[PDB]
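We name chains A, B, ... by the order of the sequence lines, and we start the count at 1 in each one. The deposited model was determined using X-ray crystallography, 2.8 Å.
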Amino acid sequence: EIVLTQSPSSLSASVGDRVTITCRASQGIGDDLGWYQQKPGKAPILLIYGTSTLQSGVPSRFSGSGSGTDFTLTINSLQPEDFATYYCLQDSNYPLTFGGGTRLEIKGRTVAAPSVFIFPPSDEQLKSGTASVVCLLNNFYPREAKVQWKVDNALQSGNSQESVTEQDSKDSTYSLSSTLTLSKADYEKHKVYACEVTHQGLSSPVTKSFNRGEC
Amino acid sequence: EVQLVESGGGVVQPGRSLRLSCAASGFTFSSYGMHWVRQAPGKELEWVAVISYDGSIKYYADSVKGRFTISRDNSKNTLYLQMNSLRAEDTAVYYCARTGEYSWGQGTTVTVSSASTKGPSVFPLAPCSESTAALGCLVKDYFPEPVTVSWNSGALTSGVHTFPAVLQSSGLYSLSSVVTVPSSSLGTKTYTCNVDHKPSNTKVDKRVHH
């Protein structure tokens, strides 16, 4: 198959900015490369069919460029309706190929540090023989953040699952959740449960922690 | 307007079979050619199958060949995809595509897994002991998707964050729903989360105490 490498992964722009996204074809695909727009929970919208041939129903804001291996989607005068994830596609030969995707983020007006909270396991869940420690990072920007679980100063890994909301469209922020999951037996062997967060908005890494019995 | 409506997806066990249908409308179905595509949770889209206008030439992907078979009934305006020996990798939402020498449908979701229908357990997320305070509910150990969460019967939407569910190693789903409120409000306003899981007909309201 032919690999379509899309650059970059994520990308921040403002309403009005002129922005362009690159798709590269591992070998020649000719003029037969198109561009799609997908918003969360929606179906992909056909922006462009092949190279620069714009399609009915799409504003002239959009433009295709390139030919051969290198191609580019360019959007003039960004509007709030165009913030989505964009995928390049080629139907030159089978199998059909898609790019890694470029998510078009709202360029955050300014840097916002997360509000960090830590939730101990509930007693009733401790009944069930399991324990879920939750760490919440609230309304931060940019999206890049690092959450590290510590259990009696021991750095955890492979132990937790992370979840991110879609970018809030009022304040352009994100929220993040990190769940650490132990058994009751495991959870009762240790005392201090800590969540350490590194983010651009925080000059130093913030640690929110609790100890067993405290709650 | 040209359109395609997929159906036939659902929750299925591994090794079992399932056939999707795609009702085509608004265009000459017998003349145009059709494609199958799929998107896994979070990943990019992936092509899987292609058929000609008459059903002559057919080509799949490597991960699907020998198990997936494409067809079309030109009299009923329908494109078919029979998927046999389904594997966890096949879990995705499958879209129906037209081609020109394009237009994509809503897609139907196929979830392959050995887990059974199970309602969630709801647990309070309350902090241990600042201007803003946080509460929530943990909706854990449920399948299949989805579950819906509201706060105080929908009256409390400001400051609410219901995270996308994650799939746990047990094959069950889990999510959290949190709300951040002014720290003074605690003690006179009440905060209860409402959890709905239609597949198991599970409806639970839990009031979270700080």
Of the candidates SDZ CHI 621, CAT-192, Lu AF82422, which one shows up at chains A and B? CAT-192
What name does this entry use for chain A? CAT192 Fab Light chain
Specify how the entry names chain B. CAT192 Fab Heavy chain
